[PDB]
Amino acid sequence: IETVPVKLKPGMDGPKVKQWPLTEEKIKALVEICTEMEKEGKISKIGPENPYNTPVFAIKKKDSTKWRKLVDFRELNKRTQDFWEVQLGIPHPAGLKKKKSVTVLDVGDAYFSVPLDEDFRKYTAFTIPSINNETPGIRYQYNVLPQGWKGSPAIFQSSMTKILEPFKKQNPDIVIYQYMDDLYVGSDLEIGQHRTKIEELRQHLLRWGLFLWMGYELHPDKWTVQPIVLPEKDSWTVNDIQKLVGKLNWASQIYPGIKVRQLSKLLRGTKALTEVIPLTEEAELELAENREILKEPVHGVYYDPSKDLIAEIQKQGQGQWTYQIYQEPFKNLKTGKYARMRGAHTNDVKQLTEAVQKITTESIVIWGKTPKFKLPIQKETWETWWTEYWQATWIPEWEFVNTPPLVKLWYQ
Amino acid sequence: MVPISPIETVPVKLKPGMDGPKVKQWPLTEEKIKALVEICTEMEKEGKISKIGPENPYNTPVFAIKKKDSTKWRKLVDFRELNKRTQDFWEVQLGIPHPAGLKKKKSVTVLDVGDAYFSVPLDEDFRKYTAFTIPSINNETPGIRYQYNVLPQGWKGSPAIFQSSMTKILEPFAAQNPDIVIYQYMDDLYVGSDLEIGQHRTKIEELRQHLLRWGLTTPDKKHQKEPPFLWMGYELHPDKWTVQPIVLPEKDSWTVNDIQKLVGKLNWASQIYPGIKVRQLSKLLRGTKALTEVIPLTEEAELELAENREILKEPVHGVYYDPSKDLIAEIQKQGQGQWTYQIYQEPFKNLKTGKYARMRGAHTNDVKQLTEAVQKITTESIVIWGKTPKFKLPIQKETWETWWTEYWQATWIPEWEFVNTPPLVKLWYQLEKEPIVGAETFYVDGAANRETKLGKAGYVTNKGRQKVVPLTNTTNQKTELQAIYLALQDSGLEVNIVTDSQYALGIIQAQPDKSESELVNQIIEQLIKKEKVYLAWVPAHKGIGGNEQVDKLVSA
Ligand SMILES: Cc1cc(/C=C/C#N)cc(C)c1Nc1ccnc(Nc2ccc(C#N)cc2)n1
Ligand SMILES: Cn1ncc(C(=O)O)c1-c1ccccc1
Ligand SMILES: [Mg+2]
C-alpha cells in the first residue's frame, strides 16, 4: 500500500509495441478476464492521451482448463529502472538445483494486492483487439502490480518475506526462490511429504488477503548432461573414421590436447567410403588418449552474472532435441538432450516451444535468469505459432538461425 | 432547458521540454480579413472559439482560402507547428476492417453526426496553445486574438479524441443492442442489422434518442447515402463486396511512374480477382528510382500484363463472412516465386483472394515458399476472421511428411488436405543418410588465387578416375561448388562425394531446388538425375587421403 515510486531508465519513453493478431477464443477469454479485473479495481479503462502499448494474449497452464491472461512485458522490462533502492540485491541460491524435488507455484495473483505507482500506470497500457478491427480495441492500464512485470516481485518482496517467515522458520532446510510470477520450492523429502509441505505453503498464501493450487514438479538432482563421447567399434569404415576425425577436430576447439594425426593417416590413399579399415596401434593409442581427455571438464569455464546466457538448440529428428547453454563460444555451462514426447509427435514447432520452456526453466533454477535463444526455425513460422503452445508466465528473448549448423552432427 | 450530459475532456500535453507555438501571422488582404472576422464572429457565437487578452504568448497562423467557383471564403488555421509539439495519441484508425471479414446485413442506415465533430470540448489547460490572430485592417489596431474551446480541424489530437469520445457515448447503446453493428467513419455513423425493417428503423430512432442525451442532434431527413458505399477503395453492398473499378490504361510506352501505378492497381485488385500476377512488371522497377524514365516492357511483362487484362475483363465480387461455417484456403503455385490463393466457405464463392511472392535470396525451394505462404495466409486470417482456415494444398501428404521429418529446422503447417491441381510441389532430390555400398567415391576439391582469380576444380576416386579443370574468374568458394558439379557430372546413378567445403555443405543442406547461381542450378539438375547421392564432409588440411591428394592437385 502507498506506492513505491518507479521510473523508466533515463532518456527512454514507454513501450509502443504492436498488439499481434489474436484468435476469437483468446479475445473472448481476455474480454471475460478483464471485465472481472476491472470490477475488482485491478485495471482501468484509459483514454487516447495514452499512446503506449504492450501486447497481451492468453494461455492455458499445464493441466488446466481455464485461460490465464499473459502480458508480454519484455519491452517494458528492458525500459524499466533496475531496483537497487529498497534492496541491495538477492544472491541466487546454488542449492536450489541440488534438491530432489523443486515445485513451481504461480504466485502472481498476490501482486494484485499492491497498488502501482500512479505516475507509472500509463506505461502498462494494453489493448484487447477486436476481430477484423470492427470495433475499437479495448484499452486498459494497471492500477496494481501486474503479473509478468519486472518490478512486481521487486516491489512485493517485503510483503512476500513476511508471508513466508513462519514457513521458513519452521522448515529451515527448504529452499524457496522467486522468479517473476514463479515461486520455486525445493526439498529432499519423499514425494508425498514434499507434496504436503507445498500444500502447507499454499495455505500461508491463502491465509493472506485473498492458479495457486497448481504444482509444476521438477527434480533437478536427476538432470543429466551430454559429455562428448566417441563410438566404440570393432570395425571402422573409411566413412566412420572420417566422421570420427571430423568430430575430434570440432572437439579440439573445446579441448586443447585432442590429436587426429594418427587416425587421419589410417585412410592413406583414396578409398571407397564403405571399405573397412583396421586401426593401427598408433591410431588406437591416439583414440584412447582422446577418450581420456574427453572425460575431463572443459578448462576455464565460469559463469559471469554480468553476461547474457545463450541457448542453442538442434533438431535431431524422431522427437529428439539437443541444446547447449553458454556465455562464451566453446565454454558450455550446461548441455542437454530431450528424447521425450508429451504431445507434438506430428508437430515440430510445438516440440520446439516445449524445449524452449524446459531450457528456460533450467536456466532460472541454475542461474536465476533466462537465456537468449538461437532457434532453428524460420522467424515467420515461429512467430505465427509459439503462442499456441506457450504455458509459462515469463517469455525469454530469441533470434533465428537460417543457416544449417554443421555441428548438429556432433551433438547427435 | 433539457439537461445534457457534458462530454468529458481528454487531458492533453505538449511533448516533454517543448513549449507552445509562436508563429508569425503574415499579412492578409483587406478582403480576407473582413471574411475571417465574419467567420470567427459566428464561431464565437457558437462557442467554438473565444477572444483572449494580450497575455497569451502563443500563435498559429490563420489563412483565408477561396473554395472555387464561389464568392464564399473559408477559414484555415495552419496547425503544423503546434502538431509537431503536441504529444502522440493512441490511433485507432490503424487497422481498417477488411470487407471479407464483415457480415452480410439486411439493412445499413447512415446517420449524420457532423454536429458532434466540431462540438467536442478541448482540454481547458491546452486551449491557450491554439491561439491565433486575425490581422487588423491596415495594421492600425491590435489583431483580434482567439483560442479554441473545441477540437480544431487539423490539430493532431482531433481525430483520436473525437473517435474516443464518440465511442464512449455509443458503448452502452452497442452493448445493450447486440443485434446491430455500429461503425464510425469521418462524419457519419453506419448502423447495420438483420432486423425486420420496422424493428430496424425503431433501433435507429432509439439511437437518435440516445445521442440526444449528449445534445447531439442528427438531421430529420433520412440519409441520402445508401448502399452501395464507396469506402476505402472498396464497394460495400448489403450482401457482397468488391474493389472499386480497376481500369488498366492503354499505353504505347511506359515510364517508372506508370509501372508503379500499374502494380499498385494490380496489387489492390488481387484481393478479389483470382490469379493476378505482378512479378515481371515489378522486375522493371529493379533499382531505378528515376520517375520519368521510360522502360521497354520485356516480352515476359507484356504476357503478364495481357494475362491480367483478361482476369480484369469483368467485375468479380466477394461474399461476406458466415461465422457458422469453416473457412477454407486453397493455394496454387504460379511460377517464378509467385503463389496465388482463394479463401471461401461455399464452393465457388470467395470471401477474398490474394497472392504471395518469394522472398529475395540466393537459393530457395518450393516447399519453403509454400510454407511461407501458408504462414502469411494464416496470419491474415487471424486478423480478418479470428481463426485459421483449413488448407487445400498442391503437395502430397507423403511429400510433406518426408520434408518436415528430414529438414534441419523445425517446421509446421496447420490442418490441411492435398488437392491434386498441377503443378504439384514435390521434392526434387533427397540425399542418402548412409554411404552407398558399391557406389564410386569421389573426393572433390578446388582452390583459387585471390589476386588473379585463376583456379582449379576436380576430383579423384577409389577407381582411380581423376579430373582437374583449370578455371578463370573464379573464387575458392566457387571452385568448391565447381568440383562437386564435376563429380556429379562424371559419376553414375549412385555416387558418394567427399568434400571439405563447409560453404558447399551449407548450401546443399538447405535443399534448394532453384538458385540465382547458374552453377547451383546445374548442380541441382545433376542431383535430380541421380538415384542415390551421399555427401560426406571432412575437415580440410587433415591428412585425409583422397581429400589431401585432390587438394594438392587443385592448389597449383
Ligand atoms: C466496417 C463497416 C463499414 C461500414 C461502411 C463504410 C462506408 N462508407 C459500415 C459498417 C456497418 C461497418 N461495420 C460492420 C461490421 C460488421 N459487419 C458489417 N457488414 C456490412 C457493412 C456494410 C454493408 C453494406 N452495404 C454490408 C455489410 N459491417
Ligand atoms: C556447369 N557450370 N555451370 C555454371 C558453371 C560456372 O562456373 O559458373 C559451371 C561450371 C564450370 C566449370 C566447372 C564446373 C562447373
Ligand atoms: Mg582444399
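Just so we're on the same page: letters track the sequence lines, and every chain starts at 1. As the structure lists them, so they are numbered: ligands from 1, and atoms in each ligand from 1. Computation of the quantities below employed the complete heavy-atom set of this structure, encompassing side-chain atoms and omitting hydrogens, waters and symmetry-equivalent molecules.
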Choosing between binimetinib, rilpivirine, lasmiditan, gatifloxacin, which one is at ligand 1?
rilpivirine
For rilpivirine in this structure, which bound macromolecule has the most atom pairs within 4.5 Å, going by the PDB entry?
Reverse transcriptase/ribonuclease H
Which other polymer chains sit within a heavy-atom distance below 4.0 Å of rilpivirine?
A, B
Ligand-residue contact atoms, rilpivirine with B:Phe229, heavy atoms, under 4.0 Å:
7 (C), 8 (N), 24 (C), 25 (N)
Which of the atoms in rilpivirine, numbered in the order shown and given with their element, are less than 4.0 Å from a heavy-atom of B:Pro227?
25 (N)
What protein heavy atom lies closest to atom 22 (C) of rilpivirine? Include the residue and the distance to one decimal.
B:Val108 CG2, 4.0 Å
Identity and distance of the protein heavy atom lying nearest atom 9 (C) of rilpivirine:
B:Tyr190 CB, 3.5 Å
Show which other ligands and ions come under 4.0 Å from rilpivirine.
none
Looking at rilpivirine, would B:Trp241 count as a contact under a 4.0 Å heavy-atom criterion?
no
Top protein contact for atom 20 (C) of rilpivirine, by heavy-atom distance:
B:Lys103 O, 3.4 Å
Would B:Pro238 count as a contact residue for rilpivirine, given that I'm defining contact as a non-hydrogen atom of the residue lying under 4.0 Å from a ligand atom?
yes
How far is atom 28 (N) of rilpivirine from its nearest protein heavy atom, and which residue and atom is that?
B:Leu102 CD2, 3.7 Å
Entry name for chain A
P51 RT
Protein heavy atom at shortest distance from atom 24 (C) of rilpivirine
B:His237 O, 3.2 Å
Report the nearest protein non-hydrogen atom to atom 16 (C) of rilpivirine: residue, atom name, distance rounded to 0.1 Å.
A:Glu134 OE1, 3.6 Å
Around atom 4 (C) of rilpivirine, find the nearest protein heavy atom and jot down its residue, atom name and distance.
B:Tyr183 CD2, 3.6 Å
Provide the residues lining rilpivirine within 4.0 Å, heavy atoms only.
A:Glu134, B:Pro97, B:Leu102, B:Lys103, B:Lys105, B:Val108, B:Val181, B:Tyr183, B:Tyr190, B:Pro227, B:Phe229, B:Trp231, B:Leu236, B:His237, B:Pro238, B:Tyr320
Do any nitrogen or oxygen atoms of rilpivirine lie under 3.5 Å from a protein nitrogen or oxygen, and which ones?
residue     : atom   : partner  : partner atom : Å
rilpivirine : 8 (N)  : B:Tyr190 : OH           : 3.4
rilpivirine : 17 (N) : B:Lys103 : N            : 3.2
rilpivirine : 19 (N) : B:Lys103 : O            : 2.7
rilpivirine : 25 (N) : B:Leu236 : O            : 3.2
rilpivirine : 25 (N) : B:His237 : O            : 3.3
rilpivirine : 25 (N) : B:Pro238 : N            : 3.4

